[PDB]
Amino acid sequence: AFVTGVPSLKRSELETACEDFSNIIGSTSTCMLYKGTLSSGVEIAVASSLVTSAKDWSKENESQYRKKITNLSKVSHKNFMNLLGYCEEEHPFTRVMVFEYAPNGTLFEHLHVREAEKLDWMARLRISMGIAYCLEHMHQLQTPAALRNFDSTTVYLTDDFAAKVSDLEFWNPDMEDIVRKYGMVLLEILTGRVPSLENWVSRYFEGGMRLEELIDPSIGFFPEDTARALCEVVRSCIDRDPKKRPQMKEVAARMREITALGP
Ligand SMILES: Cc1cc(Nc2cc(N3CCN(C)CC3)nc(/C=C/c3ccccc3)n2)n[nH]1
């Protein structure tokens, strides 16, 4: 065991759950993702290193592995994609982390890829609020390392479209940097726009854009003054000077106020 709290799986266990690793959700810089189901019926996303022998794997690699598990085992939040387990094995070489499975995939997909169906206003506020609570909690745990890769492709959506912020990448940022990224992700949620943006939105901030220009047209109707308040949160978060940015606890506080949604 490398940690208290998080169970250490036999590879035999995980082979069962993931049908001999036969079902792939995705693939990233540092890991392959396999779909599984535990004998408890709990759906899982298994993140496996891209290293297949002890040779391609350093003691630096190993040290990073155990640090990540340590750090993530300390993070537990309803709006985080929580670590459920891990599996280290030498025969054959296995370095795995087991995460919660989010059936509605990424925020990015639901904002930009699905043409037929769009997230409504209230679902967008709920997602925005959830993200903010997650980041606030992480800043309280002093583990922003888990957020070095934060953007709409790393935020997942549950059955009921709650946000789960993820940290899937094997470990080979300021909280001020995370606050700005939160600003940009909130802006993306509001507008439906993604960096192929600051210049575009500066026109809104300059006073030369109506909210019906800024807000994602797929939304339909929306409360103007709510939208206004959310855009000020964006403006605060993305200030060019990191020192002028709100703390995440202040962001979460203001967001709670505007959305009227508790943690
Ligand atoms: C880590 C994790 C992912 C996850 N859920 C899901 C669900 C999902 N869906 C839902 C149903 N699918 C039929 C379509 C899209 N897609 C993904 C994609 C993951 C990925 C990540 C990086 C690169 C490439 C791909 N993750 N839960 N936990």
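Sequence positions for chain A are given in the PDB entry numbering; the residues included correspond to 208-379, 396-419, 426-492, in order. Both counts, for ligands and for their atoms, begin at 1 and track the order of listing. When reading the values below, keep in mind they use all heavy atoms of this one structure, side chains included, and skip hydrogens, waters and symmetry mates.
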Drug identity - ligand 1:
ENMD-2076
Help me with this one: what macromolecule has the most contacts with ENMD-2076 (ligand 1), named as in the PDB entry?
drought responsive inactive kinase 1
Region of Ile232 engaging ENMD-2076 (ligand 1) - heavy atom pairs below 4.0 Å
both
ENMD-2076 (ligand 1) contact on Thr360 by region, counting heavy-atom pairs under 4.0 Å
neither
Which ENMD-2076 (ligand 1) atoms does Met288 reach within 4.0 Å, using its non-hydrogen atoms?
1 (C), 2 (C), 27 (N), 28 (N)
Could you tell me if any non-hydrogen atom of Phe306 lies under 4.0 Å from any atom of ENMD-2076 (ligand 1)?
no
Would you call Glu307 a ENMD-2076 (ligand 1) contact, heavy-atom distance under 4.0 Å?
yes
Atoms of ENMD-2076 (ligand 1), numbered as shown, that sit under 4.0 Å from any heavy atom of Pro310
10 (C), 11 (C)
Specify the source organism of chain A, per the PDB record.
Zea mays
Report the member of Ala254, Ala309, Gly233, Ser234 with the shortest heavy-atom distance to atom 4 (C) of ENMD-2076 (ligand 1).
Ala309
Ligand-side contact atoms (ENMD-2076 (ligand 1)) for residue partner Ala252, heavy atom cut-off under 4.0 Å:
1 (C), 2 (C), 27 (N), 28 (N)
Those atoms of ENMD-2076 (ligand 1) less than 4.0 Å from some heavy atom in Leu375:
1 (C)
Would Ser373 count as a contact of ENMD-2076 (ligand 1) if the rule is a heavy atom under 4.0 Å away?
no
Mind telling me the covalent anchor of ENMD-2076 (ligand 1), residue and atom, or none?
none
Mind pulling out the residues near ENMD-2076 (ligand 1)? I'm using a 4.0 Å cut-off on non-hydrogen atoms.
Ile232, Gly233, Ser234, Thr235, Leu240, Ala252, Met288, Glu307, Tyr308, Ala309, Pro310, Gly312, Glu316, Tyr363, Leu375
